[PDB]
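Tipranavir complexed to protease, as determined in this entry.
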There are 2 protein chains.
Amino acid sequence: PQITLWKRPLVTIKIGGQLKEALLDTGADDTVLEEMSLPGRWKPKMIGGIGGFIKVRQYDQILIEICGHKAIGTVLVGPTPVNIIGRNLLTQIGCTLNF
Amino acid sequence: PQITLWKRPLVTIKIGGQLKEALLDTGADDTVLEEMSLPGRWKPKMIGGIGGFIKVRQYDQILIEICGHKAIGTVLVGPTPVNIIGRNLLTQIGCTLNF
Ligand SMILES: CCC[C@@]1(CCc2ccccc2)CC(O)=C([C@H](CC)c2cccc(NS(=O)(=O)c3ccc(C(F)(F)F)cn3)c2)C(=O)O1
């Protein structure tokens with residue numbers, strides 16, 4: 001698809017058989033999801049946004065479908081205003097910025 | 001321009017006669033720049049992101065050049081860790097996400 005930016009670029013994702021809404025965010029290095037359970041072990045990560053740093057749980061090799069497109073990679077879980085799909089997964093589904 | 005997302009989508013902008021580097025961010029509602037002076041009236045605003053909220057100064061009807069493309073709109077100025085071009089100006093240069 002081609003997504004214009006007049007509205008927030010919110011898509012449906014699927015993770016652990018659950019549908020969720022997520023923001024496609026080209027300013028994010030990483031993908032950050034609201035509190036949920038994921039399989040396997042996690043490792044600690046600190047990430048920075050406009051309001052400062054947050055502590056998140058890093059889960060590697062997580063299956064996630066984004067607007068119909070399969071991706072498998074790192075997902076961080078922590079206090080975030082919205083589920084964010086960052087460049088690590090935007091690259092996997094073939095996403096570019098065009099103007 | 002077609003921009004891949006392997007790396008941070010950083011572009012050159014021109015604002016108030018100054019050349020600056022800025023992040024194209026499809027997740028930001030608003031454009032927010034690190035501290036600088038801008039002409040005209042401003043009002044205080046609070047904006048949220050990862051890490052919580054920051055206080056910014058809001059300047060309307062500001063002209064910016066983004067990779068050669070002229071855009072006018074609201075520019076916020078405050079303690080952001082990076083210059084961010086958000087959707088309010090990305091729409092004006094006809095920027096889309098494609099996959
Ligand atoms: C996962 C980190 C995300 C990011 C990284 C910025 C960065 C880059 C390189 C180095 C250091 C830091 C990019 C980003 O889009 C935001 C948020 C949206 C998630 C953001 C950016 C710009 C402005 C706002 N505030 S706002 O009022 O314009 C706004 C508020 C809420 C939302 C919502 F959709 F997320 F809800 C979007 N925009 C928020 C942020 O806070 O940091």
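Each chain gets a letter, A, B and so on, in the order its sequence line appears, and its residues count up from 1. No hydrogens, no waters, no symmetry mates; every other heavy atom, side chains included, goes into these values. We count ligands from 1, going down the list as the structure has it; atoms in each ligand are counted the same way.
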Other-chain contacts of tipranavir, heavy atoms, cut-off 4.0 Å: A, B
Enumerated tipranavir atoms positioned under 4.0 Å from heavy atoms of B/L23: 8 (C)
Tipranavir contact on B/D29 by region, counting heavy-atom pairs under 4.0 Å: both
Side chain, backbone, both or neither: the part of B/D30 lying under 4.0 Å from tipranavir by heavy atom: both
Shortest reach to atom 25 (N) of tipranavir by a heavy atom, considering only A/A28, B/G51, A/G48, B/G48: B/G48
Per-residue contact class, A/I50 against tipranavir - non-hydrogen pairs under 4.0 Å: both
Numbering as shown, the atoms of tipranavir that approach A/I84 to under 4.0 Å (heavy-atom distance): 19 (C)
Atom 5 (C) of tipranavir [closest protein heavy-atom partner, distance rounded to 0.1 Å]: A/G27 O, 3.5 Å
Protein contact to atom 11 (C) of tipranavir [nearest heavy atom, distance to 0.1 Å]: B/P81 CG, 4.1 Å
B/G49 neighbourhood, listing tipranavir atoms whose heavy-atom distance to it stays under 4.0 Å: 17 (C), 39 (C), 41 (O)
Ligand-residue contact atoms, tipranavir with B/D25, heavy atoms, under 4.0 Å: 13 (C), 14 (C), 15 (O), 21 (C)
Tipranavir versus B/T80: contacting region, heavy-atom distance under 4.0 Å: neither
Those atoms of tipranavir less than 4.0 Å from some heavy atom in A/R8: 31 (C), 32 (C), 33 (C), 34 (F), 36 (F)
contact_flag B/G86 tipranavir heavy-atom lt 4.0 Å: no
Tipranavir atoms in contact with A/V82 (distance to a heavy atom under 4.0 Å): 35 (F), 36 (F)
Non-hydrogen contacts within 4.0 Å of tipranavir: A/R8, A/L23, A/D25, A/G27, A/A28, A/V32, A/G48, A/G49, A/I50, A/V82, A/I84, B/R8, B/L23, B/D25, B/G27, B/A28, B/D29, B/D30, B/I47, B/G48, B/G49, B/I50, B/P81, B/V82
